[PDB]
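Contents of the following structure include dasatinib.
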Amino acid sequence: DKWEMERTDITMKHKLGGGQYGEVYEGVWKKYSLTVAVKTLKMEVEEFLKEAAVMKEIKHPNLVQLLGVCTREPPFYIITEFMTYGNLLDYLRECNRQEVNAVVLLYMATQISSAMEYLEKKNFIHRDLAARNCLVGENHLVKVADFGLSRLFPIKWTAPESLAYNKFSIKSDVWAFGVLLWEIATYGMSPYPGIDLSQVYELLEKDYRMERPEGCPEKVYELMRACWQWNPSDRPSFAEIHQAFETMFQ
Ligand SMILES: Cc1ccc(NC(=O)c2ccc(CN3CCN(C)CC3)cc2)cc1Nc1nccc(-c2cccnc2)n1
Ligand SMILES: Cc1nc(Nc2ncc(C(=O)Nc3c(C)cccc3Cl)s2)cc(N2CCN(CCO)CC2)n1
């Protein structure tokens, strides 16, 4: 296996983002003195190795790049490139809005839609697509974190068909993407603020959708609304979503 590393190839450093991603650490891959991120497991082994195998198949500019794995005996490692600025939700909430302005919001939306178009075409689904599971690099680079991928839950990001019948599709990710776009357009506000988690489905069932955020262009809000179509087959494809963002650039 070309991905297999000895644990001693890595020097473990500090826990990343004060433990928000659980057991994810900064490390150094000694071969290149390259700062990396390392997810560890010392219960959920079957799950951890299945994700390791899935990440070997994925290669896109906007998905976090696997570098190696330690999957022989515990502790188990997944090693990726280090995204320097951390998760997109905290980044939006804390950013300088003079820098992170309309064109950067569009750029962030376009990048994530590019990653999801790739997964759509490669018959993968994400099971936790949200701003907190996107990572930021230099010059407003955004990559989707890829530990929760499957080959084909977070209630406020979950399509109605997934809450009701536990059924997930690429169309469920299109719903989640619309919530993520809402997170981008509000610089990382909590969706459905103050609404009890048990009543989200019944509100959605009676055609409730979140209102246009302050300053959100109408074309961007129309695309959110298309992502939140009740019928999954009425939601646009990630290919259509990416193309719509490309077209908006004036
Ligand atoms: C995709 C997106 C989603 C949301 C937003 N929202 C905002 O841009 C915005 C504007 C005003 C506020 C409100 N704000 C409150 C505080 N006071 C001080 C300022 C105003 C909030 C968000 C922009 C975008 N970006 C976007 N959308 C469509 C087109 C473009 C675009 C930009 C440049 C060139 N071509 C296209 N850029
Ligand atoms: C939570 C967090 N992660 C960061 N970067 C990461 N790179 C990649 C990550 C990741 O999880 N990889 C991964 C692995 C390893 C396995 C499977 C799947 C995947 Cl995707 S986590 C940076 C960061 N920072 C804290 C805050 N700082 C600013 C202070 O103001 C910036 C730095 N915090």
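Going by the PDB entry, the residues shown for chain A are 252-293, 297-406, 420-517, listed in order. Counting starts at 1 for both ligands and their atoms, following the listed order. The figures here come from the full heavy-atom set of this structure, side chains too, leaving out hydrogens, waters and symmetry mates.
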Query raised in the report: Which parts of this structure should be attributed to dasatinib?
Result: ligand 2
**Report entry** Partner of dasatinib (ligand 2) with greatest heavy-atom contacts, name from UniProt
**Finding:** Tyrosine-protein kinase ABL1
Query raised in the report: In dasatinib (ligand 2), which numbered atoms sit nearer than 4.0 Å to a non-hydrogen atom of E335?
Result: 7 (N), 8 (C)
Report task. Considering the heavy atoms of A399, write down every atom of dasatinib (ligand 2) situated less than 4.0 Å from one of them. Result -> 20 (Cl)
Query - Nearest protein heavy atom with distance in Å, relative to atom 18 (C) of dasatinib (ligand 2) - result: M309 CE, 3.6 Å
Query raised in the report: Nearest protein heavy atom to atom 26 (C) of dasatinib (ligand 2): under 4.0 Å?
Result: no
Report task. Ignoring hydrogens, tell whether any protein atom lies closer than 4.0 Å to atom 33 (N) of dasatinib (ligand 2); use the non-hydrogen atoms only. Result -> yes
Query raised in the report: Looking at chain A, which UniProt domain houses most residues near dasatinib (ligand 2)?
Result: Protein kinase
Query - Of the listed options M337, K290, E274, closest to atom 7 (N) of dasatinib (ligand 2) (non-hydrogen atoms) - result: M337
Query raised in the report: For chain A, which UniProt ATP-binding residues keep a heavy atom less than 4.0 Å from dasatinib (ligand 2)?
Result: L267, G268, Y272, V275, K290, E335, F336, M337, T338, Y339, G340
Query - Per-residue contact class, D400 against dasatinib (ligand 2) - non-hydrogen pairs under 4.0 Å - result: both
Query raised in the report: Which other ligands or ions have at least one atom under 4.0 Å from dasatinib (ligand 2)?
Result: none
Requested in this report: Could you check atom 11 (O) of dasatinib (ligand 2) against the protein and tell me its nearest heavy-atom contact, residue, atom and distance included?
Outcome: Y272 CD2, 3.2 Å
Query raised in the report: Which of the UniProt active-site residues in chain A lies nearest dasatinib (ligand 2), and what minimal heavy-atom distance separates them, to the nearest angstrom?
Result: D382, 10 Å
Query raised in the report: Which residues make up the contact shell of dasatinib (ligand 2) at 4.0 Å, heavy atoms only?
Result: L267, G268, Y272, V275, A288, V289, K290, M309, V318, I332, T334, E335, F336, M337, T338, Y339, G340, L389, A399, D400, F401
